[PDB]
Peer 1: 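Drug: nirmatrelvir (bound form) | Macromolecule: 3C-like proteinase nsp5.
Lettering: A, B, C, ... assigned in the same order as the sequence lines. The numbering of chain A matches the PDB entry: 4-302, in order. All residue numbers given for chain B refer to the PDB entry; the residues shown span 1-302 in order. Side-chain atoms are counted along with the backbone in the values below, which use heavy atoms only and exclude waters and symmetry mates. Read the numbers this way: they start at 1 and go in the same order the structure lists the ligands and their atoms.
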Amino acid sequence: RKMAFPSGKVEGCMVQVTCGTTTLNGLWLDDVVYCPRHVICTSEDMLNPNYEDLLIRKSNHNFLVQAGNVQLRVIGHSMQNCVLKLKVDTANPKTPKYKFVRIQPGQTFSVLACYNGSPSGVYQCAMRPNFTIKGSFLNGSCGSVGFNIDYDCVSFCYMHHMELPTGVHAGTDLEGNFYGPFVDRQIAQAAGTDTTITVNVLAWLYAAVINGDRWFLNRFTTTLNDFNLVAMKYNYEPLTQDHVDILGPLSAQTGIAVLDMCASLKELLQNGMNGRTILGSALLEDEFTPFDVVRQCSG
Amino acid sequence: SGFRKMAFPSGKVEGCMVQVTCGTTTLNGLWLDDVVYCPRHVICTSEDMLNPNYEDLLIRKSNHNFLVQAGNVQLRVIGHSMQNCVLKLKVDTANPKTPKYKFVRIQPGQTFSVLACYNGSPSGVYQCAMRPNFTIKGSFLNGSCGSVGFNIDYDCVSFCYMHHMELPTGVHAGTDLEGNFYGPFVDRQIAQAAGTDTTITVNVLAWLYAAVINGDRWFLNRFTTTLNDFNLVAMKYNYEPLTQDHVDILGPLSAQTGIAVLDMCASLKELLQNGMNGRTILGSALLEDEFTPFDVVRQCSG
Ligand SMILES: *C(=N)[C@H](C[C@@H]1CCNC1=O)NC(=O)[C@@H]1[C@@H]2[C@H](CN1C(=O)[C@@H](NC(=O)C(F)(F)F)C(C)(C)C)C2(C)C
Ligand SMILES: *C(=N)[C@H](C[C@@H]1CCNC1=O)NC(=O)[C@@H]1[C@@H]2[C@H](CN1C(=O)[C@@H](NC(=O)C(F)(F)F)C(C)(C)C)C2(C)C
């Protein structure tokens, strides 16, 4: 099934940041708190903000940072793209090993949804090819982060900023650069047409084969270039060299060449599933990555 | 908005997980105060699991045969007792990370989070429900026993499940923290099958309300039905009956959407008799039944 990473290492980094009456969540690592810069905005400000001018008027003593009800004094502030960086007087004793990463469309991560600095729930999702995520976020969730854990290292990849009219969500990496062509202004914005994540569908078919569900395999293969041109006709993402590489381990485990699985997928796309299921499903799953299959099938 | 299968944050439980070893058998334990809880079959060899004499096996053990590891540090066992299918190991150090907690026994249909662990180390968290046939549709591998399921209310962890075994159909079975199995199963390595399962009707309706709150409305219709006439059709399709307490607990979702519970029941009735026409609800091709009304209110309202 779809699992989240254990959230404990991130829970110990969640704080709340307040300007005036505007409050959201921040991320406390060592002696720095990271949060969306629109915390410095009033309601009217958000309709058409001048962030450079709003920050010039701000001082350290205007920022209220709290871990629980314990205040952390801000001793410096700066803006990096769409994130604020607030230096505080206390190094977080629960800081884990960590890094900041910018992920690619199709990569999955866990989200720790927080409100008023208080973790509320954890769920798994993926960066869509149109650079949105199908999240679950209510008022006050901004600053919630998405992450992956490898070994003892937390790779932070997403911070939440906004919800689009179609009910999907958009945000930045931890250097404040939006995923996608979105801006942190309350103005009409729309997600592009989404596509299906082909590398992930393939990983899910490999998973099916590993579990003994393999009726969909044909005795044919294709060329990468031929597969990519046909895939786009069904609103499927084309494969990159990196996609073919990260499928290597699953190809080796099953002995099924990547391009042979591509040929099997193409036949599925052309003829559908004749009232048949794969892993108990009539829909092809596209939010399980090859890493997810390995991690969840090996423990 | 949006709607995801959501688990509780797992940090408070991660701080309680440890490793327990007997001979060559290793699994997970739950360290609360100065006691470690774990499945009793940790004391079994391969031959023992095929036909265990648990009380005899435990009388023949001593404290020092139990190797308990928290992180990289060994804890010294100073006592041990057996409560049903659970072993309690008294250790000489209290867990400083112990949360406020209670042990509860849940009813079928209720949901909970599972923190899957291996060798005392947390691996993943996911949301489950207690099936009507007392199994759970988990994801557990070798070494996962002693993983627990829980809910959190404010700052209090309610432990409701500890993992013990996997049935041949791939569903899972375990105990409450008093060591009593959910369902008619035993901690012995012998073929065991579960009763026939049913769908958790009140949960399906809560999820239909979630789909409406999120703008997925295609399955609604202009009709209503009586509670009894709905239950007749539900039971025909192997769905649980809907009680008046279930109707009441759906009230707040009915109020938010303006859709009476018995109006939604008429839509579910039509879904059961006609199928979904290959359409989806909240991106699902099947009716989801592992969100309670509380789960939906909490995620869609706050
Ligand atoms: C931050 N706590 C929220 C998170 C939102 C609220 C409901 N669900 C979410 O994910 N972010 C905002 O309120 C941001 C903030 C001003 C407006 N905004 C929006 O998300 C708005 N959306 C847009 O303006 C749109 F459509 F362009 F995406 C809103 C209409 C409130 C959903 C700023 C700076 C974008
Ligand atoms: C605990 N570490 C494992 C967890 C298992 C391993 C595979 N997936 C799981 O959830 N539990 C066990 O190994 C228990 C333990 C001996 C046998 N067992 C089983 O789960 C076996 N099942 C059964 O014998 C059956 F059919 F009754 F469910 C197994 C065939 C190994 C899955 C005991 C005492 C039950």
Peer 1: Mind listing the other chains that have a non-hydrogen atom under 4.0 Å from nirmatrelvir (bound form, ligand 2)?
Peer 2: B
Peer 1: Which residues are in the binding site of nirmatrelvir (bound form, ligand 2), using 4.0 Å as the heavy-atom cut-off?
Peer 2: B:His41, B:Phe140, B:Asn142, B:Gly143, B:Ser144, B:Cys145, B:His163, B:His164, B:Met165, B:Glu166, B:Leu167, B:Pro168, B:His172, B:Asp187, B:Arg188, B:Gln189, B:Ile190, B:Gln192
Peer 1: For nirmatrelvir (bound form, ligand 2), which atoms have a heavy atom of B:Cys145 less than 4.0 angstrom away?
Peer 2: 1 (C), 2 (N), 3 (C), 4 (C), 11 (N)
Peer 1: What is the closest UniProt-listed active-site residue in chain B relative to nirmatrelvir (bound form, ligand 2), with its shortest non-hydrogen distance rounded to 1 Å?
Peer 2: B:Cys145, 2 Å
Peer 1: Per UniProt domain annotation, where in chain B do most residues contacting nirmatrelvir (bound form, ligand 2) sit?
Peer 2: Peptidase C30
Peer 1: Atoms of nirmatrelvir (bound form, ligand 2) less than 4.0 Å from B:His172 heavy atoms?
Peer 2: 10 (O)
Peer 1: Say whether B:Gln192, considering both its backbone and side-chain N or O atoms, lies within less than 3.5 Å of an N or O atom on nirmatrelvir (bound form, ligand 2).
Peer 2: no
Peer 1: In the PDB record, what organism appears as the source of chain B?
Peer 2: Severe acute respiratory syndrome coronavirus 2
Peer 1: Where is the covalent link for nirmatrelvir (bound form, ligand 2) placed, by residue name, number and atom?
Peer 2: B:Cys145 SG
Peer 1: If the cut-off is 4.0 Å to any non-hydrogen atom of B:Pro168, which atoms of nirmatrelvir (bound form, ligand 2) fall inside it?
Peer 2: 26 (F)
